[PDB]
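Structure record follows, encoded as structure tokens.
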Amino acid sequence: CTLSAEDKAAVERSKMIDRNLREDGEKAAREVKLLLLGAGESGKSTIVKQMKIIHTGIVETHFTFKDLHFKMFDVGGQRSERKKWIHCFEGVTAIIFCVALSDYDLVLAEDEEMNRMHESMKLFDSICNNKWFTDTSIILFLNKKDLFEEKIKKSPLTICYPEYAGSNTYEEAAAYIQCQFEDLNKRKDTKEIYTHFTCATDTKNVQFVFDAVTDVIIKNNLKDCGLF
Amino acid sequence: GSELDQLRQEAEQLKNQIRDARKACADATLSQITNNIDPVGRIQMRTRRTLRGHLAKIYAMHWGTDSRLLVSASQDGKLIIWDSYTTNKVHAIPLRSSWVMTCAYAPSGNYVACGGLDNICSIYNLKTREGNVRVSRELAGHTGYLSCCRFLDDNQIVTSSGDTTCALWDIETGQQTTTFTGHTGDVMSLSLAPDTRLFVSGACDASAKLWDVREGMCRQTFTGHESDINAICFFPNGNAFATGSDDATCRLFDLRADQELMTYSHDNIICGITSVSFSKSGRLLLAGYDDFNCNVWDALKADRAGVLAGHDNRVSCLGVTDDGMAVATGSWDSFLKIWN
Amino acid sequence: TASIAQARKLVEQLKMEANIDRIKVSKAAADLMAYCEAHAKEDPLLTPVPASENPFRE
Amino acid sequence: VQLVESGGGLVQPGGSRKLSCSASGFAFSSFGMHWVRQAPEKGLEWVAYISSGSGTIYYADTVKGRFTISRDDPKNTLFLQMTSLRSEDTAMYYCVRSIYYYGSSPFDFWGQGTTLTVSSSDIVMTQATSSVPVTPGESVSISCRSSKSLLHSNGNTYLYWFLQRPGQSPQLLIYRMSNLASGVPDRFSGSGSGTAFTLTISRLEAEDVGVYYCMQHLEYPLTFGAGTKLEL
Amino acid sequence: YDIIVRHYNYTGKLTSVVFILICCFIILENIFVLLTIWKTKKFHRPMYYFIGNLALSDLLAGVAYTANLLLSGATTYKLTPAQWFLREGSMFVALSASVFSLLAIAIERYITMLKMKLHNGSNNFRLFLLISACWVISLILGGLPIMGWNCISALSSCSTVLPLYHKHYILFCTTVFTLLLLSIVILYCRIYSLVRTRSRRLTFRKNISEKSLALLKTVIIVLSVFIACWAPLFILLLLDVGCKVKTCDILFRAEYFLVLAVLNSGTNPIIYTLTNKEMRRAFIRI
Ligand SMILES: CCc1cc(/C(C)=N/OCc2ccc(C3CCCCC3)c(C(F)(F)F)c2)ccc1CN1CC(C(=O)O)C1
Ligand SMILES: *[C@@H]1O[C@H](CO)[C@@H](O)[C@H](O)[C@H]1NC(C)=O
């Protein structure tokens, strides 16, 4: 062309820059990214410490399982308004949500007549019905269960929920809490909520997360080919 | 606690006196005076270059002082430096954390600053002895996320963070020198004056403030918006500034007379504003709405005079060059476009 | 109680701001008009520059 | 930044060894490389060039198809292989680095070079004067004339200047036409019209004395000048 | 040109209003799907290009059929052999192009489902190669009978349904069609089995099946619609290959099988569009 001598050498540099950009773009596009949400003491630290870990402001945790690379974004240190910086997480595979069962007869701090369980329910309702997360699945964890049983056998469940007819034991109470949490989902035909009860062993939690991610991947692939 | 309500009524009476004194000095609107001038007919601007290569959303774009090179930031973790004339790339600086919301270009073309969600401002050097790009400085003194940062000089930089504050730093020592507080909401945009002695910052609650870097205190405050402030840009003269918002309304405030002058609102737009920029002579006020296109709002007539609809997603940044030859627009579709 | 400090901060800021000087809106309007009409010749976006001098030719 | 070369000595015609240059102190994987010959008490001339990533390679027509160039990024080395050498290849060899982008300064770090002794159209650049006697404290102007207009349609010329002091390798003074290089004092200045160019020095010191070379970069067959000797 | 009358006399060849109507309906459906795909920027990934290719192919099929039917009739005697050959070739090219485009759709779906990836971004090389091959093979198979295998000399070797065509050519066409049909069936069975086996044990336990069932409904409907329409034409072709001359009475009334086979080309976009709700919403929005 009409380019000079050292002008064609600059075009060769741009080609290598674009090649390095494309090569790095196909490596970070084959790993799963997922957000983590919860209240102050919903066992988020317990969850991130329990699950496999290799890795002020955002904190990223990278791990691997069954030839899959999972990145976990823990936006817990951001005290700013959640409305402004939430659209940065529009493209994400899953939203882990941490909820504490034993945190239902424990009233909030700096207040005495508003319950922490209702605050967690309101936060879940605000997150699930967001205009950005209208297509991403939700994974929900119930962290504490032994303390929940010991507290529900000594103190009835009617303290938090005013309308309850079941007996004061763990079994039907867990199902009632799960049903109450899953009903706060307006988009009931586009996204699914995978509920789990956290146990002491790492393998079950990681396997549940892996199964949920695999199901989400299969659903996305079926939606891609226009086959579903 | 009678001191508390006494001071509350004192502040309210002071604000009422300020408002009455402000409105009393107004005699005629700006639209009434600019009624005997011929407006621009049609600003037909066509795209010239299409800078492609990004692989995620674009959140920040800045022009160099030489009107030839520009810097862009995206979510994939890249800080590519584009040559506007020949479309070639000059650098592919990677980032530690791929969560960035702002970027800047030094007025001397040596350093490049970049913020993000990790409340840390990284300053990279481009004129090193080797062929790579190193991290010259890493400023970390903010709690909330950084939203904007501007190079006041080659050695000083002013940032506006998410924890209702701004900070003027010193790059060589690494510690901040001045801290501007007073906003009750998240400061998410600031603009430096042309002479780089004062600047303006718009909070997240319908308020803008004018600070001086020497003394470090608020001189005047401007209100009138309803939802919040999203972008601010000085007038080329330096005695006025345009302020965007999210309720489909941008306004023009004056510094000498701390009162609103004009508002550019239409009943056909119900979408927010992301970026606001002026022209070389301060006659065309480009505004970027998040309804997949921009606008070329006239400054003195408040009448739309053009639409740059050649975009596929929400436009997140737009900037006019120093000599006013062209404008660059970057949206969430990973495509920069040059208009001339 | 500690809100006394915040209240007096607010009242001091307001009282120091209230003593700023004001100018008529007509003068600012005339200054803006003069500035925008004086530098209207150099503005390339207002009047399209010929393609001979246009750097972004295609 | 350091570039050290090896692989030179006394060689008989028919076969020859390989010259190896090792770099340490910069990013070798993103720099293009040039080989420059330097005949004894004569002028220096271009030999070969290899681009970043071994994408594009150029040889001089005098040794076209006879010499070979190669890189090695894992160890940051450069190799030059000569199949057969005549009696006219005894000279000094330098390995220069250069990167090409908007605002860059090619031919920035030359090196030291190694000697090689053998036992026995293109733009023409002509220097004005072979040697000029000058006492310290005088503004000196050295002129270099070209056989074609080096000014391109973009707007910048491609005539570089190099200064070589006795006893060490040359160094860059002013890239392109007048922009001053980094580390060079502000006493040197350059100007031109498009065919004949000049370099002016305001005050001359005892440390700034040697031979001045002018080079053109308009076309890939690079060529230097005869050389202007500056004497005390 | 005298060959036309003598072949028709030897073979024995010496109700058509609704066909143009259904052809116009097919043309309308196809141009509507094309404009719906074009005007929407969201439908731009390589997946939604095979559907547009199939729509173009069956649009050309409807046009070629309506032209063949309107030009034919009492004018076939005055018609020159070259124009008759070109008309038969234009008839044979479009249906082959449609079948090959459907095969390309199935191959692309199997490729996308075999290796589960997070993002839909893919290369354009495979798309361009598949489209180019599916068009050039159809064009070559359509323009082959005019070069050779023309039955212009051997009067006994000519078919009964239409003269001037070699019987072995019809046999080769039936063979390649059978191979393509079995390949389609095998690919869809394999993709369904893969989706079923990857959801059955890999994601065994959950506290939240239906996906697999919906997949099966969409893999029975499409196969039952495709195989049922192309069966009468195939059995008719094998019959006329097998049956001797002037002894099969049903061979003369052979137009209904082809018109139902081409109505299949018009009903294919209905199926391919009305199974995914996103394209359905985009069509309703218009
Ligand atoms: C019966 C009247 C008639 C029939 C036809 C037919 C039957 N074409 O064949 C379709 C076909 C297309 C494609 C294939 C396969 C080959 C490629 C791979 C996949 C498809 C097959 C196959 F056979 F392979 F299934 C068949 C054409 C013209 C006329 C009207 N002519 C004028 C009238 C007259 O002159 O009397 C007769
Ligand atoms: C058709 O064939 C018969 C038998 O060959 C022949 O007698 C008759 O004449 C032919 N038709 C015409 C138009 O002659």
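Quick note on labels: first sequence line is chain A, next is B, and so on, each numbered from 1. Any value given below was found using the heavy atoms of this structure, including those in side chains, with hydrogens, waters and symmetry copies removed. For ligands, and for the atoms within them, numbers begin at 1 and follow the listed sequence.
- In the deposited model, the macromolecule with the most close contacts to ligand 1 is named by the PDB entry as Sphingosine 1-phosphate receptor 1.
- Of the listed pirmitegravir, nalfurafine, siponimod, the one present at ligand 1 is siponimod.
- Heavy-atom contacts below 4.0 Å between siponimod and other chains occur for E.
- Per the entry, the source species of chain E is Homo sapiens.
- At a cut-off of 4.0 Å, no other ligands or ions are listed near siponimod.
- Applying a heavy-atom cut-off of 4.0 Å to siponimod picks out E:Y8, E:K13, E:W84, E:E88, E:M91, E:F92, E:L95, E:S96, E:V161, E:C173, E:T174, E:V176, E:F177, E:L233, E:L237, E:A254, E:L258.
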